[PDB]
Colleague: 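Got a structure here, written out as structure tokens. Questions coming.
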Amino acid sequence: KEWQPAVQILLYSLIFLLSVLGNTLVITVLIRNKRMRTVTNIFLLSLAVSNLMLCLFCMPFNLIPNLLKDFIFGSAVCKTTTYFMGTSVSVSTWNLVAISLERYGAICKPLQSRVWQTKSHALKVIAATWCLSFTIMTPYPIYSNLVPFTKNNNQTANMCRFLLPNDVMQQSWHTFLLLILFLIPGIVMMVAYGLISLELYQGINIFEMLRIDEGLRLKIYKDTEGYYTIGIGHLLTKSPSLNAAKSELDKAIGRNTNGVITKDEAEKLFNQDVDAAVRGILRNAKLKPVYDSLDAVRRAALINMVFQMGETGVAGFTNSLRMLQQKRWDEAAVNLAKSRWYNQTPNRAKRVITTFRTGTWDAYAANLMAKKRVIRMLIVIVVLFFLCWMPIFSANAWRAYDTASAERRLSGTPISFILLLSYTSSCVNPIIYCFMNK
Ligand SMILES: O=C(O)Cn1c(C(=O)Nc2nc(-c3ccccc3Cl)cs2)cc2ccccc21
């Protein structure tokens, strides 16, 4: 027709510049701001280098020859742009897989797999991803060649084509590429994001709530009351002596801690603490009638209070425990903010009282909600990456099995736009981070 040539220039140019702009924008802000270089964003940086390689060493060398309807570059350029195109897909695919396993480790087995978060391990897999991508994709420059053909009236021209010795090898390669670039990467991705999405669904528990309430302090310190505490809000002694606290501390674990303590000992102590607080609620015969009456998240709010003030300190709140026992939530929330507890620690108390009033985790779900946003962003990046690349890989496979039916139904504009879908992948992710703001 007569529009295709114009629309192709319109579209391929928009896509080329967007991809060049966005990927280098992303490479810039990442090497600039090293606070931004998490483990996640380090694979995101290696994904962005591929997108750029594909935009610069592949997009022109595949559209210009498609517009000219003639491959006017060298035989070596033909071998090259084929080589970087296969490498790009490979790296991107396995970086997405890297991210999914990294997030899985950080969300589903955080204090069980620390190894996969070390940012030196992040540069180890990335180095392995490029190296092995280049190695596995070496048949492209080996078997890529100019195929001479004659447009009408004997005007001789060439075309860059990838031709392995016979039909069986063609079929075996494209089936192998479908396996190691989409089927296997797709399901490892899917099992990971499914488990990630399982944990993130269950939401916030009492250990999460109490971890936000108090943080982690690895050396002795004081509370708003003035008593010595360690780790995640574990009360050592109320005596003013630091010597009685260094003493009570050393007895919490083992060795002479000399004041500073490991994270795994805080967590070991912090689980015994939550153990202690729930045991108190069920041993105090004034709290337990109220505990029984609350749902899971309001139970956690009661556990939070006994964690902070003790079994005996909290059963003192007889007025408020009546109104909770009687499902009167707004009421008991007014009252709890008139207390010394609220006045001593208002931020923590406002949170706990909201939990009591609403029976939800709204007061504590900020870190969870940011995590959900991130994972939902990765699931969109993956899904559009498959959406963008399956067409061209499915067409090359159909060409390796039935070259007649494949070229007869695609060779004009259908493959011209399928190709364009593929190059559109390299400019998708930078627009996605853009919308991840406002
Ligand atoms: O060959 C053509 O000129 C048009 N074409 C094409 C086509 O453009 N195949 C290409 N595959 C890649 C590629 C894809 C994945 C990894 C590495 C690489 Cl290099 C770059 S270009 C397929 C097809 C099917 C039926 C008819 C015409 C057809």
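Start at 1 with the first residue, then count along the sequence. We count ligands from 1, going down the list as the structure has it; atoms in each ligand are counted the same way. Excluded from the calculations below are hydrogen atoms, water molecules and symmetry mates; all remaining heavy atoms, backbone and side chain alike, are included. Recorded method for this deposit: X-ray crystallography, 2.8 Å.
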Colleague: Which of the following is located at ligand 1: ganetespib, elafibranor, vismodegib, lintitript?
Modeller: lintitript
Colleague: For lintitript (ligand 1), which chain wins on contact count (greatest number of heavy-atom pairs under 4.5 Å), named per the PDB entry?
Modeller: Fusion protein of Cholecystokinin receptor type A and Endolysin
Colleague: Okay, using a heavy-atom cut-off of 4.0 Å, which transmembrane segments of chain A touch lintitript (ligand 1)? I'm counting from the N terminus per UniProt.
Modeller: 2, 3, 4, 6, 7
Colleague: Can you list, by chain and number, the residues with heavy atoms within 4.0 Å of lintitript (ligand 1)?
Modeller: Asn62, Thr82, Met85, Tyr140, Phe393, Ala395, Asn396, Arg399, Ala406, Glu407, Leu410, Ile415, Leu419
